[PDB]
Enquirer: 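Sending over a structure with amatuximab; questions below.
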Amino acid sequence: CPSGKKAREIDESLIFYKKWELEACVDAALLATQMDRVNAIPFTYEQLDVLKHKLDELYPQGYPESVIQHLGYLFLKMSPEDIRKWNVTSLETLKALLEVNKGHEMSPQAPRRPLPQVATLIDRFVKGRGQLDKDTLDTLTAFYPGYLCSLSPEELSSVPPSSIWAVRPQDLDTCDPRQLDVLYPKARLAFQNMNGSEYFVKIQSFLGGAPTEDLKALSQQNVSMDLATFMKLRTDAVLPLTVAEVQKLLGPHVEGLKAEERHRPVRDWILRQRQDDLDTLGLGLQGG
Amino acid sequence: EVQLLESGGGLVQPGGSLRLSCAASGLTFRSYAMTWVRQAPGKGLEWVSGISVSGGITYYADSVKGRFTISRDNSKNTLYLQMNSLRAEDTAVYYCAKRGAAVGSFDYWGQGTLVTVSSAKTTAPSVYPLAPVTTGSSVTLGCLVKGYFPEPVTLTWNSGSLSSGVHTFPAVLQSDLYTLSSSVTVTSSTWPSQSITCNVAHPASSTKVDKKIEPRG
Amino acid sequence: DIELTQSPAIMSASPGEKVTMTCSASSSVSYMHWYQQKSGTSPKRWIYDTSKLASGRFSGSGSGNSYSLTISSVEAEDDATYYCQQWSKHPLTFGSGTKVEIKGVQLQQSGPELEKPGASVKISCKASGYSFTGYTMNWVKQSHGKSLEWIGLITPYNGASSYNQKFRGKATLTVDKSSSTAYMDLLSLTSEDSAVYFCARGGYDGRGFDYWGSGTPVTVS
Amino acid sequence: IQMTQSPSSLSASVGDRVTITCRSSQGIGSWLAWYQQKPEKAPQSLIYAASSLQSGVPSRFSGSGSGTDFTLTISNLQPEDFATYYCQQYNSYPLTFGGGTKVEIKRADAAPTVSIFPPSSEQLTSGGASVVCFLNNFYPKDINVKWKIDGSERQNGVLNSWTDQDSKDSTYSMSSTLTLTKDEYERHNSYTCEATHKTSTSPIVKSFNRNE
């Protein structure tokens, strides 16, 4: 290290150094304490390679609660072999690592490798936190909302009622009848200290995996349902239902039924009822 | 494809009876429901009645509950409105509509029929020629049509030769009769050199009158 | 701050003569880089790291203050303005320029821009042929009559940007990684700033600006 | 059961977002409709229920709200979208409609073509007398004609008529009529129309004298 080049502290001027000057002049008992600054300081990858090597010498096993906050543009470099032996327990550190992981505008559609080493960090955290917190899911669905319907039936059921609130119906697009049956009650048990219009607003997202016994009970609240929220419904919850029941649900949203006649929960329920019964709907429907 | 022609709309003296028809073309009739809507001439909209797919189940608006009487049929394919003890309020254009759903929208309508009510008898029009008594090269001339009933008079100039320059206004009712007026603006050199006539007909009075615009002093 | 005095102002070396041009420094210096510009076009990497030649009659030598470039056998193809750039303290400064009269990775910028004094403009600089988020992007000012002055730079990935404090507030360096096209935003223009502006990529382990761009002159009236 | 549309009449430019509003007194879930009317011709149907487009309607249209306060939008007007739009409800009997919103085009300002016509010699002799007034081809639609006879004002026995907006030159025109008998036509001599518009502070005057 030359006379006048000994790093007095972290500054702009360090960028006009080289790879070999950094290892001889920079202190390791400094780089830890003051780290937040280096995120604003544009170093070359070659200079960051040396900085990554300088902290390897100080913290060899993992990296404390302290270090991972200002990790920034190194999360990308870090490979699963060392990530395994990490610790977090802070909602803050999370967002930072996920913001920079959102530095992939290469393939806006799944490029045949959507999630590599982030996969690990997540499973690494959920074990650390214990369960899946209300707070926790909010910040996850903010980077990956579709991850909810990209779990296995198991991990879905280890999920308490007070962590359904953080769901809006944007998450439950690519969900099949199996995964919705798991989530359904958890909602009905979460939103049980409630009633009326305040009740329905939230419940609408899941109603695809619900039973006849609670289609009856909905009608007697004079509630309104759309047509898009009828194509969801399970085949076998629909067929016990009378004319007046359907008309006390879809009600105003019914007119455009004619168009969606040859589709899932309709094409059969039409035939099931009487000809006369359908003609009182005055929507031009056949079979009886 | 999907038509509905209203017919039977005439003038009637106050208190007089009259019936309407809407003959449908395009739809399976048995398997939809219908309505009757009237437009307060010029400014407004309002609903009259509704019938069910059965037609035991009728609905009505309070300014006609018991005066006006809906009725329907499959075989002759005709919606029937019986409007009895009429008054001048009722004087409107009635639109026959097909309810797109059972208590839903009105999605399709008819080109529309007018009904008139008035103590006013059929009077032929008086046509008068309007001549100015101005430098900037654009003269303005006019055909005013006064003391006529009912509507319409079909007014043009020179049997549909002079089109750009015309300003026929809406006729407005006073003392039991309408008072239509018209302008026309040609070049200050084109008149009175070329002869200008206004053509004002009233199929009501079978009247076809021609008034030539003389420039007097 | 460190400012460099070149000599001579206008050299007149003959074909078949040994000549030495000097670049004496105010304070003691670490390393040095020499460049070469043909009037109108972009400069090119000639010498770097004191003596280490880039990719065979030229050379470089010195210690502390005294530092000099030397030509062995002068020809009729070595007639250009020669400059000296220092690499020690923030910020980066070039020499005034040594003129030599004989005794007898593509970085495409936007078109030349004209505006009114008291308004703003954005000029662009697109790259392709290398991984864009590992190297930098550097902006320099070639004025009429004066020399090269380094404005600032930016590491695209991180949005991280440093400036020569001379230009903090006149200069706004912005980037979009998707198209790999870096922007400079010059705010409120004067009859002084009517000059040329070059975007350049920094080399491996900060070994000078080995590639320079086209050139977007600016005009203010 | 009330149903209120806002505004009275709206005027905007081709390619500007049009905002029409429909209120009620009592809540009406989503039993509300939207209908387009062409001058003296059939009404067309649009949105059939809150956010539901009728078969064959351009997607530029957009029906929104729920409960009581509703909205109809048109992103980027087109030339065939100028019409009297109507908001209706069907939750309860009776069906109710709104005050309809007359949505017009916008050109720059302009002043009228005031002309006058004292009575035809046929009329003058027959038993009547009408003093006419044509204030043609002006913008906007609002205005202030005012008659004067022998200096003093007259407000009584004045008919008036405006045409709808014109589709070629985008101007409203106006017929005012000062109807009398042969008598007070003779009695008072002078005759005037003071057309006051937005364009001018002090009015455009067309005058004559009976005899001269």
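Just so we're on the same page: letters track the sequence lines, and every chain starts at 1. These numbers come from the heavy atoms of this one structure, side chains and all, not from hydrogens, waters or symmetry mates.
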Enquirer: Locate amatuximab in the structure and include all copies.
Expert: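 Check chain C.
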Enquirer: Please provide the name that UniProt uses for the chief contact partner of amatuximab.
Expert: Mesothelin, cleaved form
Enquirer: Which chain letters belong to other chains having any non-hydrogen atom below 4.5 Å from amatuximab?
Expert: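 Chains with a heavy atom under 4.5 Å: A.
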Enquirer: Look up chain C in the PDB entry and give its name.
Expert: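 The deposit gives the name scFv Amatuximab.
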